[PDB]
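Worksheet: the structure to be examined is printed underneath.
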Amino acid sequence: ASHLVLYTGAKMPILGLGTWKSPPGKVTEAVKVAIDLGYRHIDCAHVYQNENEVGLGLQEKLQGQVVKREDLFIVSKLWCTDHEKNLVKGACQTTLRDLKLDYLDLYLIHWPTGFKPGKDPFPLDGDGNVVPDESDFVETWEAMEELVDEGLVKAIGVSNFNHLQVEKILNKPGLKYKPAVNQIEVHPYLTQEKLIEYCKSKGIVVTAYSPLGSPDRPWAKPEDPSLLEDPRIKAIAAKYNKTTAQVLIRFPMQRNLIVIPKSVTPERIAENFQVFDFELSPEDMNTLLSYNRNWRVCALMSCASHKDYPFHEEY
Ligand SMILES: NC(=O)c1ccc[n+]([C@@H]2O[C@H](COP(=O)([O-])OP(=O)(O)OC[C@H]3O[C@@H](n4cnc5c(N)ncnc54)[C@H](OP(=O)(O)O)[C@@H]3O)[C@@H](O)[C@H]2O)c1
Ligand SMILES: COc1ccc2c(C(=S)N(C)CC(=O)O)cccc2c1C(F)(F)F
């Protein structure tokens, strides 16, 4: 309704601001506007290369006494080059310093795929194929657990793990803490109800990323279906006197999923928060669900031959 609750007890705000593709020079004002409207959850990642500028906006708000740290849910993610057990605490610490924080509320393994460690975030080989490393995410998970032990993060989770990969963690001998969250792509064209159902039966909250199907993604070829311009969802939105964006954000909320839409435009950030005031009647919910095309915006074919590439599995 307003926040879901993690198995730790922690209240996770159901709406958050996304920061991927939000440019360094715009994301500080975007984060400030968002906290001024009442957003209390920011979704970040080291690979978005803007955590420093996110941090600046947070800092201004925290020292300006506009929010208490306890009222903020800040998420970041461990990038693929940092999956070797020994690189994890370093990567978490760099993210804390950039964000100008003492702890994270949630730290996610960003993708199940470990890439060759080094300065370059996407180490490529001759064939333009990404270079794997010598690690298994169950080892990365152990290092992610030590972050909880030390108080650097309040909960750990995963992102883009298929249900068999989540199982690998859950069935790990010696497991201290289990995935509190699994953040995955969920929108009308990829409604994901089997992975959602699986996660929920395991007690793992789901965060639906790319609610509007990422119009601004780099690889957006012009003959790709725009959820925002899909006349069908414009129609259901018209009935609602709301926008396609607003009903596209309402949809995950209603399915009891955390939503993190991205915008750097102030007006749009304010629009995206104007959604806790209407409900979609079950017909609409089911029509939105019937748009399931299994169309996946974040497919990342360049990674497909990786041993832990998540999407060759049904769910
Ligand atoms: N864990 C992962 O692997 C992963 C992967 C992808 C995304 N995510 C997270 O999910 C967040 C959201 O997904 P996304 O950024 O991929 O895409 P998205 O939220 O589906 O789409 C963002 C695009 O839609 C626009 N938009 C936002 N509000 C709008 C509105 N009210 N009206 C019209 N258009 C609007 C934004 O415009 P402007 O910004 O130009 O205003 C931007 O161009 C990301 O920022 C990231 O934090 C996580
Ligand atoms: C695991 O492989 C990934 C993961 C993420 C990306 C991204 C990113 S940062 N996203 C799709 C957003 C995100 O992962 O949060 C962009 C380009 C290539 C990627 C790749 C890849 F390079 F292979 F295509």
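The residues of the chain are indexed from 1 along the displayed sequence. FYI, side chains are in, hydrogens and waters are out, and symmetry mates aren't considered; it's all heavy atoms of this structure. Looks like X-ray crystallography, 2.3 Å, at least that's what the header says. Whatever order the structure lists them in is the order used to number ligands and atoms, beginning at 1.
As for ligand 2, the drug there is tolrestat.
Going by UniProt, the chain with the most contacts to tolrestat here is Aldo-keto reductase family 1 member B1.
Near tolrestat (under 4.0 Å), the structure shows the other ligands and ions ligand 1 (NADP nicotinamide-adenine-dinucleotide phosphate). The side chain of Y48, and not its backbone, has at least one atom closer than 4.0 Å to an atom of tolrestat (non-hydrogen atoms only; side chain from C-beta on).
Here no covalent bond joins tolrestat to a chain.
Of the residues UniProt lists as binding substrate in chain A, a heavy atom under 4.0 Å from tolrestat is found for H110.
Scanning the protein for heavy atoms near atom 2 (O) of tolrestat, the closest one is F115 CZ, 3.3 Å. Around atom 11 (C) of tolrestat, the closest heavy atom drawn from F122, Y209, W219, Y309 belongs to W219.
When only interatomic distances are considered, the shortest N/O to N/O separation between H110 and tolrestat falls below 3.5 Å.
For atom 10 (N) of tolrestat, the nearest protein heavy atom (residue, atom name, distance) is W20 CZ2, 3.6 Å.
Residue contacts with tolrestat, taken as heavy atom pairs separated by less than 4.0 Å, do not involve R217 at all. When only non-hydrogen protein atoms are considered, atom 21 (C) of tolrestat lies nearest to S302 OG, 3.7 Å.
Heavy-atom distances to 1 Å put the closest UniProt active-site residue of chain A relative to tolrestat at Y48, 3 Å. Counting the atoms of tolrestat from 1 in the order shown, those under 4.0 Å from a heavy atom of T113 are 1 (C). At a heavy-atom cutoff of 4.0 Å, tolrestat is contacted by the side chain of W79 but not by its backbone.
Per UniProt's NADP(+)-binding annotation of chain A, a non-hydrogen atom lies under 4.0 Å from tolrestat in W219. The protein heavy atom nearest to atom 20 (C) of tolrestat is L300 CG, 3.6 Å.
Heavy atoms under 4.0 Å from tolrestat belong to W20, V47, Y48, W79, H110, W111, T113, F115, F122, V130, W219, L300, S302, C303.
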